[PDB]
Amino acid sequence: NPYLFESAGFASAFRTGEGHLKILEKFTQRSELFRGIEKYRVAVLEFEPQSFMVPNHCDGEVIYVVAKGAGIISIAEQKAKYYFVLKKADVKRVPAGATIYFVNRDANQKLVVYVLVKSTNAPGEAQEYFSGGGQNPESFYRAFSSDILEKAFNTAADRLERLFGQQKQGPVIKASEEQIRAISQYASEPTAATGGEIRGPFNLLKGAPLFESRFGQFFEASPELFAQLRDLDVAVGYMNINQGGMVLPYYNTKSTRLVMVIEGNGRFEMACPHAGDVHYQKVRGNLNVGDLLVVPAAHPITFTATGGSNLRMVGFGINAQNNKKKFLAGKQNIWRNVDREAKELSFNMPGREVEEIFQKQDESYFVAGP
Ligand SMILES: O=C(O)c1ccccc1O
Ligand SMILES: [Cl-]
Ligand SMILES: [Cu+]
Ligand code: NA
């Protein structure tokens, strides 16, 4: 099964006592089937209580989704400073090359963010550039010659050796309660909101889901409605399947989805046709917290919640503009927009009987699972 990337298969670019980054392999290293998603990476960042990330920029465009906890993100640009508060299920776009850091200000709970990265240059390559730090993480200022740094900073070499030579604790480090309180104060300060500014986070569970029943909900932030997604042609979806529920089988017309488990457990089945006559392989598996599943566009799929909790999933939708979900069963489904004769011809069954079978399910979207 090339579609399922267990959390264990993720690579760990850094790990400290205060945090870690896990990132998926370039999808094209797994399979040539993934040439369509070559520009994209998925990562998980975790911060321990009272932690701070050394300032750095990512060369890729980034979307962060808060999976667990609470915190702050700050952004330092040439001509602007931002602070935003991050809560569970908030989503935040960070422009490529923006210098950022995070703070987990909570004393007890980890802050866990799931990350989509879209490359701009070579497909799928993603790198952090530590402006902060010194020895570990290595600051990029150490790449420049001393004669250059001295002129640039108008300072003697010995002050610069001290400046870039004392950080050794790695990319995520402890911050004191007091340091945190002071950053919290700077973050709560009112600013002048301009046009052209980086936009703050939006809650994915805000307002009305795109569809629901008693057994689940699908929320989505589409690129049509969110300018900070529009230029990447990305949608962010949130699937909340009630304990013991399922989503009815469906396909996305246009948009391949990179699906990460937030909470709970489940399983899935997908149909995949990837000259003799077309055959659809059964792609099947289980899902745990932190797993990634690639759901290619046009592929029929169902997710089943298993265990004693809801199955909660976030999906990064690519090529998302005008995407729709075609449901394959339930009251509201594609066959409602097919007339009798075509049902009859299609299944070689008298048409009224096809209608009867297709209308037995009075519920839509989500139902009691097997
Ligand atoms: O949009 C999807 O098909 C999807 C599926 C599972 C989880 C989140 C999602 O956005
Ligand atoms: Cl017939
Ligand atoms: Cu396929
Ligand atoms: Na017929």
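Note that chain A is numbered according to the PDB entry, with residues 146-419, 440-535 shown in order. Note that ligands are numbered from 1 as they come in the structure, with each ligand's atoms numbered from 1 the same way.
- This structure shows the drug at ligand 1 to be salicylic acid.
- Counting heavy-atom pairs under 4.5 Å, the chain with the largest count for salicylic acid is, by its name in the PDB entry, vicilin-like antimicrobial peptides 2-2.
- The site surrounding salicylic acid, defined by heavy atoms under 4.0 Å, contains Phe363, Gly382, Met384, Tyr395, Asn397, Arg402, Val404, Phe468, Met478, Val479, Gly480, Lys490.
- For atom 10 (O) of salicylic acid, the closest non-hydrogen atom on the protein side is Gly382 CA, 3.2 Å.
- Listed by number with element, the atoms of salicylic acid under 4.0 Å from a non-hydrogen atom of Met384 are 7 (C).
- Nearest non-hydrogen protein atom to atom 2 (C) of salicylic acid is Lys490 NZ, 3.3 Å.
- Of all atoms in salicylic acid, listed by their number and element, those nearer than 4.0 Å to a heavy atom of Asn397 are 2 (C), 3 (O).
- For atom 8 (C) of salicylic acid, the closest heavy atom belonging to the protein is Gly480 N, 3.3 Å.
- Scanning all protein heavy atoms for the shortest distance to atom 9 (C) of salicylic acid gives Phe363 CE1, 3.7 Å.
- Nearby ligands and ions (under 4.0 Å from salicylic acid): none.
- Residue-ligand proximity, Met478 to salicylic acid, at heavy-atom distances under 4.0 Å covers atoms 7 (C).
- For the pair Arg402 and salicylic acid, the shortest N or O to N or O distance falls below 3.5 Å.
- In terms of polar-atom proximity, defined here as any N/O pair under 3.5 Å, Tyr395 does make such a contact with salicylic acid.
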Tabulation required: pairs of a nitrogen or oxygen in salicylic acid and a protein nitrogen or oxygen under 3.5 Å; columns are atom names and distance to 0.1 Å; otherwise 'none'.
unit_1	atom_1	unit_2	atom_2	d
salicylic acid	1 (O)	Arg402	NH1	2.8
salicylic acid	1 (O)	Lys490	NZ	2.8
salicylic acid	3 (O)	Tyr395	OH	2.7
salicylic acid	3 (O)	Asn397	ND2	3.0
salicylic acid	3 (O)	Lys490	NZ	3.3

